[PDB]
Amino acid sequence: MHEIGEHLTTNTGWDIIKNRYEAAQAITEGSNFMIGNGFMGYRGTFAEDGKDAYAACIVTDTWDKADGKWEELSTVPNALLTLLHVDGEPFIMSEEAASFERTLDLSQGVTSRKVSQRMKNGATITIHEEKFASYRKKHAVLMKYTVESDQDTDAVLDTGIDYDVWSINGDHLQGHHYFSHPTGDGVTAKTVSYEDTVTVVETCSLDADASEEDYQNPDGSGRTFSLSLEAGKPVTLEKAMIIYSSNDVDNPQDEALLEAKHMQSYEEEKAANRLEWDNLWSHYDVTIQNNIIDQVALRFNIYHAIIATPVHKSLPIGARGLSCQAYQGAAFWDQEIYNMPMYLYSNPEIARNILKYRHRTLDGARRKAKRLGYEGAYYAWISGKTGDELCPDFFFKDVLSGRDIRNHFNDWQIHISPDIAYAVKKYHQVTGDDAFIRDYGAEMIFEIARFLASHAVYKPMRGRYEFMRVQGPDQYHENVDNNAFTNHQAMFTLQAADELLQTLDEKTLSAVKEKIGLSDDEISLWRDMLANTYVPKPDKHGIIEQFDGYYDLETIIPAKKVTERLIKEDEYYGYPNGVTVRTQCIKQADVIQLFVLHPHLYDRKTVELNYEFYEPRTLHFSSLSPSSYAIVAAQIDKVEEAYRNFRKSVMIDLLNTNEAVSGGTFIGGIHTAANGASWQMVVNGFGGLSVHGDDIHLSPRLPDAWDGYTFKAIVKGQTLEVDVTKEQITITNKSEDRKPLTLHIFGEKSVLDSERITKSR
Amino acid sequence: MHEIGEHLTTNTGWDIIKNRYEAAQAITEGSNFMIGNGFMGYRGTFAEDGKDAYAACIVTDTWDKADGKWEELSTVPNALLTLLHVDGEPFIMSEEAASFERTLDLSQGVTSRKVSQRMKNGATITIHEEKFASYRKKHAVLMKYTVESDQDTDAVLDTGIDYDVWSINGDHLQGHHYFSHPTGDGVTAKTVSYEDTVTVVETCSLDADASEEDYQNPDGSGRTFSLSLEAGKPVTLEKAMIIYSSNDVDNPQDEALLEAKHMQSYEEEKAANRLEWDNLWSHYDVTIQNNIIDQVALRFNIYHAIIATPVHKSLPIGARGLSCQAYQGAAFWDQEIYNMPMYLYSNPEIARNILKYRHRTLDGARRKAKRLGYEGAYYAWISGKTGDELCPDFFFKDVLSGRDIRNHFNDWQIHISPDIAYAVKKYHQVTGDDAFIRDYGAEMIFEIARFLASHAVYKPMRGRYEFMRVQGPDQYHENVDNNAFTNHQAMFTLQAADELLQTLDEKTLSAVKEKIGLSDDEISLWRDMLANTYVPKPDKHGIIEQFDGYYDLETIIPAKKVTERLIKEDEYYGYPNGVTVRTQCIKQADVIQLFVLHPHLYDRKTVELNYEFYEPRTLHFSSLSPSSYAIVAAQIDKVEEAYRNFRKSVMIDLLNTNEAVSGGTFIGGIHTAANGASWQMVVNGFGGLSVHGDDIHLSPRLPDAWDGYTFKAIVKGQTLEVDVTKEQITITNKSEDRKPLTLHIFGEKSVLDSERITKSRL
Ligand SMILES: OC[C@H]1CNC[C@@H](O)[C@@H]1O
Ligand SMILES: [Ca+2]
Ligand SMILES: [Ca+2]
């Protein structure tokens, strides 16, 4: 079957196809149809596109703060620009093109166009274009471009490097220096802020006879190939674009030239990329039985998560990946809570490396905490190269007055720290990797524990500790006390810290305590807090108050009615005076997020009552929200409702359902957290996969829209394949060598000794 | 020496005279020339004026919250409305009238108008009118209205009760019930929120022969008096307006009738009122020698504070007094900090009664604290009858969008509470009234310390207590930590509590400890706070940081430059996103306010450096501001600057230098804190009067604009008269039973003991 939406289809469940051109959606399409490989993102634009169509190659570890405010990745010269003129007429996409198809091939990250258009001289031109960012050679993105006419004609093919590229917050590169080489052009420039060196090398190759002349100017370089096309005789241009910076290698210019020198042909490079992708999908593919739309959407999200994940160096997964510069190519809490689970269970070394990135940027967290008068590690809200805070104090404008507003993402949204500590401990429970904990995880958890202890306030008349003046996952509400989510996360951290102290061997403990100056007095403080911290809990109707006083704010159900108070659509809705501030309308899961992370902590009736309470109060105006509600709905017998949220989360980018711009800030691009959560929705949500103590849990649910699903999950080195249909679950232990496991299925103990177990439901 | 400013003069230094009618200044003229007596305020309007001219009579203890949001005093039917017609033509002030003067006579709280205008039929009519609110008979305001023609002519005088009165936040009275009685009309109504009964009675007397005809409509009642005026023969109308509510007496309609019955003529009632005023002025007058402008401004200010102060019942001094409904007829911190000092030193029973008001409303402070998750006494920001918070969460609007903004005046501005414990202790030190402390004060101070201990946070890794997320006297900065003023006030309270714990008799201490459930755990928390609370102190430059991180906000000097960033003039300047928020611009005294309250705490050089640092960062956009800078400047050798601030301060109402309106809320009216502060600038400021333990201090300074000043202050029961001239200070003990006193003068020496000493001021 094939109809996904708009004018979008899939033929194989591995491909997304868009069969009408619409200039207005350029941007959503450049994001949705992009390619990349963790090193770069190349937007899915056409060969003749420049800044006006939002062409961009975003490159990791090119951070730059040219405008004095926003530190973000650089967009680099585009070595693939290719314009076609036919008898002096430019070939420009018409919404009435005789014939247009665009395809993203998820199985191998190859993005393509096939288009035919009648020119003014009467010739019909067909262009076949395809591009991929090599997963084998991370520094290379490659193009094959084929033009054919149905009529003998004069044409000009103009190809080169465009320096005049889209950059959201200023040009990041200056002092461009042209150079040539045996197969094409080069340019080397330096970054504006830190004067890092960036080189882009173009290779060029044309399989037809032509009059070629070069040109160089301040805006780009390239060459013009003058041809007569013969009717029905195709001409093919192959290109490679290669990027290196001094943050990658000592000599980027030469290393880029050396890369060019050893480049194979397009087809050979594509073959090797495909091998890489075969291996990627054998780790990550999740099958949904008999629902090809949902199968492709899931794969579209997973693919985006993959190409956004750096694996070549210790780098963050950006909250908009490498799709554009939005969100600064930087790690948010999204990285651990939304993007890490798929890796954790499917390829744990990547999860381990996510956390090693956080160990490596601990000094940045230490500087932020110190600068704000705390101790320990207060991780950055927005974390780039070093872990120093990239989130400005002034993220948004009040679009009514034109004045900056001050939001506290960067200094009151403290849960980022114990979120990380939570992820360390999960990584440990899932994998059994004690070494990670000894060499890295204990130091992190101890420093995060120390931070919590320096933030908390002790209230002597109440005899308890509290967490005042924070911002929780529901972004809209700032300056709240005892956010339930935050207090729970803080307690989890302290409990983990105490376990480690009582559980590590004395030589590890001594080395760690010594490294960070951990004293007996700090440890007593922690254990006093363990026993005496206020933690919001279910009240008499079973409801956990989201923060102190939340119950006193205006009830608005359905939440969305609050939009009637807006004066401009692009207002920021939250602090300090947005329409939601004095209301119980929340942006996204908050109390519900707590159950996603601690699914065994509250009984199912409590979860259910909180879901019923909070969901109608929830705007879902963050891409992170629907997946979190889906995961919880699935496990409290709200399976169809979970499915509808699944649908909302998986289509966020494909069907273009969010806003691009808010409070004068651009917030669009590919939704990486959602991309990552697509997997969790199937595996932890419907499947109900969790690891509690050394207990493994499954509670498979199934929406009516699907006949089944099947996924892989690795626990403690054992690879389990879980197959779920309407009447049964089967768990099979692949694993070169099996150890036995005890599983809890719908709460009942069952031993997976042997290879396989089947149970009804 | 005539000229104050606008078109304002004084003739004797006891009167304010305005000689141009200015319709556009209605709000200001009506406040400035009001009358009152602490039970009501009656705005300085003309007898023909109504709602459109902002006529109003504001009556204490008639609180009402008709709009669901603002609990304010009622304006009540106006029993003085009087329109004149002359051969059918109504008499209406024209800005261009043959001649006009209005006069407020401060010696006896009598406001008046004289006006002539030529009418269409060629007659020139002159109206002399005058009113006072009786200080002998607090429920009565009286009018004498005289009319004369230079030409025989028919006329009609229409007088009665206007129901259709100015109210800021909706109609507060309903169910108006018309009645008649021998000497005129009556109307009884009920209040909307609490259904208290309010009656107004009108008495009326005309000394000419006239044909009289009553009317009653749903907007009011009255009578026309048809007359035939003779050239040069005046006709006089006398009225009394009498008001009682069910909050004053069980039977207000009967009690109003009874007062009507025993009302003497206007002249008799005026003589009795003059007598009370003789007595008031002999308690409060402060002389300024050879500067009649400053002399009259001073008196204008003290007159306003006196009439704003209820002395008939345990009620608050409002922050706009009874001049209009603005600020709710209610006690702010202004009451203790700005209005009490004159009473403390001139008539301490009023100072005692102010504190008894705070004691009486302890339960409201206890409800507020409990409502917000605290313990003890969190006194209301805006306090009315019971002590419950009357300040809304949404006080102001963002005028750029029309939406409400939330300001935390009501639940982060915590200093109100230690301000009151401050005031209890100062009252104790000045009077020696140990009984007050035993029966009222100790309980208050204890509850306020218990509040502060529930507010404080302990920071275990810093090993100290802090006061987080407050708002200081500088209203513009909200959500600040460790406001200096606040933490110093909190320490002062904890210290007064610990002194009581250590010095009251066992019996009194047990009764108080038991009444409030004061445990020993609480008491060691207080002592632990005293040794371990963070208190911002002078830094290496001598500067005390206003609140944590204040030094990191934008420097703008002079502060007023910030106003260039305004999009509208009437935007609220402060929190959440006003022009001052991220700047060091402050609304009023804050660190400087601390020196005002604790003038012996830090040395002179520290005070000086803080003055120089903070003054140019200060907008002075609060009427509280200049008096506090005056008082400090005076005493660190900035006497002429002190005197400029004195001038800004005493002219605030007279010269109408402030706004009326800000962020969609009406904040105009008479500036009662400034009124009170006028006294302190002279006495505490130039005079340097303070009490430090058992030490009486004086440091008299003299600005160039004055040849001298003279004032009285009472300290530990002894009435001292202090005369200041260029070269000497004369102190005479005017007590009926003299007892000897120490006295430091410029930090030295003297034991008074004897009727009169003269020291060199050199
Ligand atoms: O006048 C009463 C209040 C007005 N706002 C600033 C406060 O300092 C003051 O008490
Ligand atoms: Ca819903
Ligand atoms: Ca100044």
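A, B, ... follow the sequence lines: proteins, then strands. Residue 1 opens every chain. Whatever order the structure lists them in is the order used to number ligands and atoms, beginning at 1.
The name recorded for the drug at ligand 1 is afegostat. The chain that afegostat touches most here appears in UniProt under the name 1,2-alpha-glucosylglycerol phosphorylase. Other chains whose heavy atoms approach afegostat within less than 4.0 Å: B. According to UniProt's glycerol-binding annotation of chain B, the residues with a heavy atom under 4.0 Å from afegostat are as follows: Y327(B). Assignment of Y327(B) to the shell around afegostat is supported, since a heavy atom sits closer than 4.0 Å. Proximity of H671(B) to afegostat is not established, as no heavy-atom distance is less than 4.0 Å. In terms of polar-atom proximity, defined here as any N/O pair under 3.5 Å, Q588(B) does make such a contact with afegostat. With a heavy-atom cut-off of 4.0 Å, afegostat reaches these UniProt substrate-binding residues of chain B: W333(B), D334(B), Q588(B). Of all the atoms in afegostat, the ones that sit under 4.0 Å from a non-hydrogen atom of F332(B) are 2 (C), 3 (C), 10 (O). The residue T672(B) has no part lying near afegostat, judged by heavy-atom distances below 4.0 Å. Atom 7 (C) of afegostat has its closest protein heavy atom at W333(B) NE1, 3.4 Å. Atom numbering of afegostat starts at 1 in the shown order; those under 4.0 Å from a heavy atom of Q475(B) are 6 (C), 7 (C), 8 (O). If you check each of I382(B), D474(B), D334(B) against atom 9 (C) of afegostat, the one with the closest non-hydrogen atom is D334(B). Counting heavy atoms under 4.0 Å, the binding site of afegostat comprises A319(B), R320(B), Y327(B), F332(B), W333(B), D334(B), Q475(B), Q588(B), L624(B).
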